[PDB]
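Drug tozasertib bound to macromolecule cAMP-dependent protein kinase catalytic subunit alpha.
Each chain is given a letter, A onward, matching its sequence line's place in the list. Chain A uses the PDB entry numbers throughout; the residues present, in order, are 3-319, 325-350. Following the PDB entry, chain B residues are numbered 5-24, in order. As the structure lists them, so they are numbered: ligands from 1, and atoms in each ligand from 1.
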Amino acid sequence: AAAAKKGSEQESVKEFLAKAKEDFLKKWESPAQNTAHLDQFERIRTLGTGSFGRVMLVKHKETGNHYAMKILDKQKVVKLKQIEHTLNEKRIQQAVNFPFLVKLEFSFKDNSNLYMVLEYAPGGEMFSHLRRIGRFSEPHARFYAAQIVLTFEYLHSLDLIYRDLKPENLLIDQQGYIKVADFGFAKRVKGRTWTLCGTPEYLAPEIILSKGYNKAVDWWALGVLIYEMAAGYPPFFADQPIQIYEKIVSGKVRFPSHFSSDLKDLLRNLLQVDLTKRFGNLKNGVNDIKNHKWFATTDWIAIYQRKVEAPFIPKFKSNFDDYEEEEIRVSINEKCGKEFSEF
Amino acid sequence: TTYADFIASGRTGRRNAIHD
Ligand SMILES: Cc1cc(Nc2cc(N3CCN(C)CC3)nc(Sc3ccc(NC(=O)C4CC4)cc3)n2)[nH]n1
């Protein structure tokens, strides 16, 4: 309807995206590299741990700016066969530029580790606020959902698939706006790809079924997210991943009684097993989503410009978790030099 | 309630990605 339509506002999108692509490609082809050193950073505390090492709150000594430094033990990345994913992660993250994406501010490596210095978000991740509060109101969830729709419009126009959408991966900034943090499974691919990766609750059925897949898996994951934000639980849950997968591939979804009829219609079109019928994957692409009823109150340009009043602003002062802290040990011999040469 | 079933399940904390 309004979705299968041009041209004046659709042309501005086109122009924005073409300029963004030109920007992106320069950085894609000539990646930033070795742009800091460990000793430039005062390590304040551990924020969290991933499979490859700690994420630390750090302070850049020469600007006093605060960042989150993701450390990756090279040997653990090799054992986990995540070399190419790690290289994707960094190559893509240094190249993108969007208001709702965590910036890769510096990267470097030493004998033992890879280091990714990221934009610090004082609010922490959405997961925590969502579990604490229980669930978000539809307008609240719509606000965040709108930011993901624009971010996906941006990433997809660059031939990127994100592959890890979930509340754990979305940071809330000082203005109450979102930043997508984790590029671990991001990939640049024209056409189809096959890696079984992602987080069980958020996997599209074509991933579970080893079908080979594209960017439409991101759109399904948006469906899970919106449902999770508004329900306070995932549309498919169980105690074990294999029980989750059977629920995902069955083709059935029950909605809570408080979901508006517009919300349910949106979600049915996002959580659609049939790629032929899944919103975001049709002739109108993202516009099927953008001009849906549930989004009728959304001013997209205002969202992009951060003009909309955030429903929640993080308290700034204690509140941090405590971890055992230990000094970074750097081996005297270089590990996995060849495998990571391009980092 | 479905919420009570969720809160009682073993998947209410941070969920790890798989890559096999
Ligand atoms: C990357 C990043 C992280 C942050 N900020 C924070 C902030 C935070 N806080 C703890 C709770 N108080 C209430 C707010 C501050 N807790 C975490 S715990 C945490 C740690 C790491 C990640 N994610 C990653 O490192 C992704 C990139 C691989 C998410 C949450 N991260 N800003 N930028």
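- Counting repeats, the structure shows tozasertib at ligand 1.
- Contact chains for tozasertib (ligand 1) (heavy atom under 4.0 Å, other chains only): A.
- Binding site of tozasertib (ligand 1) at 4.0 Å, heavy atoms: A:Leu49, A:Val57, A:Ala70, A:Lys72, A:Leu120, A:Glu121, A:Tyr122, A:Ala123, A:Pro124, A:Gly126, A:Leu173, A:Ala183, A:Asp184, A:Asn326, A:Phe327.
- Short contacts between tozasertib (ligand 1) and A:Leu120, defined as distances under 4.0 Å to a heavy atom of the residue, involve ligand atoms 27 (C).
- Put simply, atom 2 (C) of tozasertib (ligand 1) has protein non-hydrogen atoms near it, under 4.0 Å away.
- Within tozasertib (ligand 1), counting atoms from 1 as listed, the ones closer than 4.0 Å to a heavy atom of A:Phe327 are 9 (N), 10 (C), 15 (C).
- The closest approach between tozasertib (ligand 1) and any UniProt active-site residue of chain A, by heavy atoms to 1 Å, is A:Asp166, 8 Å.
- Close approach of tozasertib (ligand 1) to A:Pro124 is summarised as follows: ligand atoms under 4.0 Å from at least one heavy atom of the residue are 14 (C), 15 (C).
- There is a protein heavy atom closer than 4.0 angstrom to atom 28 (C) of tozasertib (ligand 1).
- Each of the following atoms of tozasertib (ligand 1) lies closer than 4.0 Å to a heavy atom of A:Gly126: 6 (C), 7 (C), 8 (C).
- Those atoms of tozasertib (ligand 1) that come under 4.0 Å of a heavy atom in A:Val57, given as number and element, are 21 (C), 25 (O).
- Ranking protein heavy atoms by distance to atom 18 (S) of tozasertib (ligand 1), first place goes to A:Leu49 O, 3.8 Å.
- Taking a cut-off of under 4.0 Å to the non-hydrogen atoms of A:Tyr122, the atoms of tozasertib (ligand 1) that pass are 4 (C), 5 (N), 6 (C), 7 (C), 15 (C), 32 (N), 33 (N).
- Among UniProt domains of chain A, the one with most residues near tozasertib (ligand 1) is Protein kinase.
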